[PDB]
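Among the contents of this structure: hydroflumethiazide.
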Number of protein chains: 2
Amino acid sequence: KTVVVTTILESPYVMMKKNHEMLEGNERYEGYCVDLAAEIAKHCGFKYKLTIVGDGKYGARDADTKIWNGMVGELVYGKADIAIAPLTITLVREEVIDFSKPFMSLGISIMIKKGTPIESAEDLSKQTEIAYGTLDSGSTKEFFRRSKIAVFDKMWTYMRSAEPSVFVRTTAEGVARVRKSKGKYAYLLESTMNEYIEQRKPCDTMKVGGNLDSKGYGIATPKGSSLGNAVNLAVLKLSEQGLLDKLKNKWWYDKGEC
Amino acid sequence: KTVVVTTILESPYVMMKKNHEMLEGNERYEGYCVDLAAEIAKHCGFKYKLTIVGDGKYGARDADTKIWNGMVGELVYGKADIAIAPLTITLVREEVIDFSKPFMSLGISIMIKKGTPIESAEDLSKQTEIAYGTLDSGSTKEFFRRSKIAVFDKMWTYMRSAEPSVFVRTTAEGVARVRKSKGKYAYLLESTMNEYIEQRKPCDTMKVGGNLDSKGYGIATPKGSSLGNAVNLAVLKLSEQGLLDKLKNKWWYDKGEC
Ligand SMILES: NS(=O)(=O)c1cc2c(cc1C(F)(F)F)NCNS2(=O)=O
Ligand SMILES: NS(=O)(=O)c1cc2c(cc1C(F)(F)F)NCNS2(=O)=O
Ligand SMILES: N[C@@H](CCC(=O)O)C(=O)O
Ligand SMILES: N[C@@H](CCC(=O)O)C(=O)O
Ligand SMILES: [Zn+2]
Ligand SMILES: [Zn+2]
């Protein structure tokens, strides 16, 4: 049986090839997670089909309906066999899906327009002239929503009631807001995405400060699935052989435009 | 039933208190892993006894008999219920024991005596005046034994046949060897330990270069043990609540001497 792989259009994990229109199936896409999916499938010995998550989200549980959206939803409701994406390992997710050991490290970080008078979270929290927000329906939003650290609770208290909304529906949208806001909008996003954008034209953004936390992305499967074991062993093998490091260099730095 | 916890004396994860010989049971010890064990046991609701691993090793498989030693061996052969220690998650171990998601990140790194003319692993591999080695029966030695990377493979070739031996039986031994060899010995060890030592008197060593790889420590349990599920969830909870970052600050940096 062909394994259905849910993923998400997010640079440089999964992007449309410049000629995707004249290609078919898996060949339409390129990126870090496309390269990783191929290796995983090869070492686990399965055929697969890449599919982009329909609502374009990572996955959160609606407080009202209790329904999971995003890639997590696709796994929970049986629409996909595996997720290969920059999907953060979290407790609430681990409760309904299985994750491999992490294939990539990251932390919440701050993206500013170059020259913006900000050095850290504490700095953002102490002021009001510069707006700031996070992706919607992602692990970053939940981190702020749940935090008990004073600086972070204060940041959440501002963000949840700021108007107009400080939250964006896509990473691309957050970056665009930073670029067009003349230094008046800072964007809280994962260090991996932050680092990738830092190396792309127009070269007008930068990551500042340390990471606010430390965690990892994992390959996700439906709870109890028979795939989980093999996939986890494959990720460990690829980690030790240095493939993950090679892939990061290929898609983040070898490509650098700044 | 009281959970038997295997662990290892390795600063600052598990250390003997100065109060010591006059204390009993778990009270005799302090450190990051002593504190971790306490929070894990609280969240999973078990009582536990800390026991130092008999042979003082992390764990590797004798290539001849295929018998496991160290903390890995204690789990594999039913002598301990759980290992709470700076135990590296690796492919060969995952085949015989279960690991939680990582509670701490690290990479292999180089420790030198201050002033030693060495900037990197490449530097080390290009010369012979400075000897270098790793801990026995650990994941670092295995990393080099298995590595296909040109620098590391060449390093292994030198290490595996150098005389007198460049390998050491404990981390303490590795560090003291560096400190007393007048710059003629470099020690390859995990960045967490290296960074800890760099901040302790006599303040004569230094971590140089980036990490050679990226990985993590996990809490380990016997294959299929029922404890594993609860333990893993406890670690994710502790991660998200910030307790892990708190612990590291307490034991690495709050304690700094240099
Ligand atoms: N340092 S980490 O927590 O992000 C990590 C952990 C493990 C990996 C790989 C990574 C990293 F590449 F993301 F850096 N490999 C498999 N075993 S692991 O210890 O969980
Ligand atoms: N970056 S990491 O690979 O070492 C890591 C991963 C996860 C953690 C914590 C860490 C770190 F603190 F060691 F940094 N928390 C639980 N989930 S995780 O993604 O596996
Ligand atoms: N990687 C995150 C999405 C990005 C973010 O929340 O900043 C997740 O899995 O939800
Ligand atoms: N953390 C290592 C021990 C120290 C080392 O190998 O450098 C292990 O679990 O084997
Ligand atoms: Zn708690
Ligand atoms: Zn033997």
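Chain identifiers are assigned alphabetically from A in the order in which the sequence lines are presented. By the PDB entry numbering, chain A shows 4-261, in order. The residue numbers of chain B are those assigned by the PDB entry, with the residues present covering 4-261 sequentially. Each ligand, and each atom within it, is numbered from 1 in the order the structure gives.
To find every copy of hydroflumethiazide, look at ligands 1 and 2.
The chain in largest contact with hydroflumethiazide (ligand 2) bears the name, in UniProt, of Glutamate receptor 2. Other chains, heavy atom under 4.0 Å from hydroflumethiazide (ligand 2): A, B. Applying a heavy-atom cut-off of 4.0 Å to hydroflumethiazide (ligand 2) picks out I92(A), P105(A), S108(A), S217(A), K218(A), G219(A), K104(B), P105(B), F106(B), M107(B), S108(B), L239(B), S242(B).
Of all protein heavy atoms, the one closest to atom 12 (F) of hydroflumethiazide (ligand 2) is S217(A) CB, 3.6 Å. At the top of the distance list for atom 19 (O) of hydroflumethiazide (ligand 2), counting protein heavy atoms only, stands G219(A) N, 2.9 Å. Scanning all protein heavy atoms for the shortest distance to atom 8 (C) of hydroflumethiazide (ligand 2) gives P105(B) O, 3.5 Å. Within less than 4.0 Å of hydroflumethiazide (ligand 2), the structure shows other ligands or ions, namely ligand 1 (hydroflumethiazide).
Interface of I92(A) with hydroflumethiazide (ligand 2), defined as ligand atoms under 4.0 Å from a residue heavy atom, comprises 17 (N), 19 (O), 20 (O). Bonding summary for hydroflumethiazide (ligand 2): no covalent bond to a chain. Taking every heavy atom of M107(B) and a limit of under 4.0 angstrom, the matching atoms of hydroflumethiazide (ligand 2) come to 4 (O), 13 (F). At the shortest separation from atom 5 (C) of hydroflumethiazide (ligand 2) among protein heavy atoms lies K218(A) CA, 3.8 Å. Among protein heavy atoms, the minimum distance from atom 4 (O) of hydroflumethiazide (ligand 2) is reached at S108(B) CB, 2.6 Å. The UniProt annotation of L-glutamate binding in chain A and a heavy-atom cut-off of 4.0 Å around hydroflumethiazide (ligand 2) together pick out no residue.
The protein non-hydrogen atom at the shortest distance from atom 17 (N) of hydroflumethiazide (ligand 2) is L239(B) CD2, 3.1 Å. Residue, atom and distance of the protein heavy atom nearest to atom 15 (N) of hydroflumethiazide (ligand 2) are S242(B) OG, 2.7 Å.
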